[PDB]
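Figure: sulfapyridine in its bound pose on Isoform 2 of Band 4.1-like protein 3.
The residues of chain A that appear here are 107-390 by the PDB entry count, in order. Header says: X-ray crystallography, 1.6 Å. Atoms within each ligand, like the ligands themselves, are counted from 1 in listed order. Just so it is clear, the values below take in all heavy atoms, side chains as well, and ignore hydrogens, waters and symmetry mates.
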Amino acid sequence: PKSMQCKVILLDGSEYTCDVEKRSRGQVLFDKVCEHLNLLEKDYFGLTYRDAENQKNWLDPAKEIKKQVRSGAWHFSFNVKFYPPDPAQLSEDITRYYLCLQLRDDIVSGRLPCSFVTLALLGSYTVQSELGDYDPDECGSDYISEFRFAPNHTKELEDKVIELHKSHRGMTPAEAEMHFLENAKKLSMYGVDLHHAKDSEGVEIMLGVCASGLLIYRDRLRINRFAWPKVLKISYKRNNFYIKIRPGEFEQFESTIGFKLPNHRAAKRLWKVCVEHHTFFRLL
Ligand SMILES: Nc1ccc(S(=O)(=O)Nc2ccccn2)cc1
């Protein structure tokens, strides 16, 4: 029975290697990674891979791995797929831990923009969780942490992390991680998956997919929001993506809204992540 080697980049940046039978469905690999991670609250997570165009795709757990990675390497990343709106409602601390590690990468990468003060506060909770109480013996006036806190590090940010870290004496790791999450969950781009698109007039916009619905970023003024309940049908055709926007009270007709995506694969990808979010956050 022939088996393919899988390499998975974990959220701590380490590599997990395993073998699965070559006709295996994605769920097989995902189950092995989650067992390795001692993760029980698996519903919020998934594996990603890079397609022949180098775009991040979710590995569909119900489909054969080989029919998704196709010509590409069996290389994956473990990631948060559905960002819980209230991480305090998760049942296990280890779930909140992996969500923290993902968010730390969202921040360093710049996918999750963050004010100076929030970068420092999040950083201070990470340091408290990972090193425990502030120790002056490690931190002089010239201290720079090994922890990546931000897309661009400054001495001022390092100083503010230490100042806040001092305030957290006695805080346990689960407690610090919960504080991290109570702050992160409030950020306007928390758990927003962004897709480049054009509106029906060719004006470049961003579509964001998240727990609350679909977001349209036209300019810094005028951000449109479609709560999942207000969406009845998600569809794609060629390079186009469409949502059916339920009739408003006393309106005769549903309204259909149309976008142009970079190519057909990008329209299908956006359709699938929208359907999956609609399903997940209808049931939550
Ligand atoms: N994770 C997340 C991100 C953004 C938003 S929202 O504040 O824009 N609110 C809404 C409300 C309805 C439809 C779309 N966004 C909410 C949650």
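Mapped onto UniProt domains, most residues of chain A near sulfapyridine (ligand 1) sit in ferm.
For sulfapyridine (ligand 1), none of its N or O atoms has an N or O atom of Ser294 under 3.5 Å away. Counting heavy atoms under 4.0 Å from sulfapyridine (ligand 1), residue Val298 touches it through the side chain alone.
For atom 17 (C) of sulfapyridine (ligand 1), the nearest non-hydrogen atom from the set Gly297, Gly314, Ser318, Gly319 belongs to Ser318.
The 4.0 Å heavy-atom shell around sulfapyridine (ligand 1) contains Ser294, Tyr296, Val298, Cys316, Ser318, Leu321, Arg331, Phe332, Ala333.
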Nitrogen or oxygen contacts under 3.5 Å, sulfapyridine (ligand 1) side and protein side:
residue	atom	partner	partner atom	Å
sulfapyridine (ligand 1)	1 (N)	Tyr296	O	3.0
sulfapyridine (ligand 1)	8 (O)	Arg331	NE	2.8

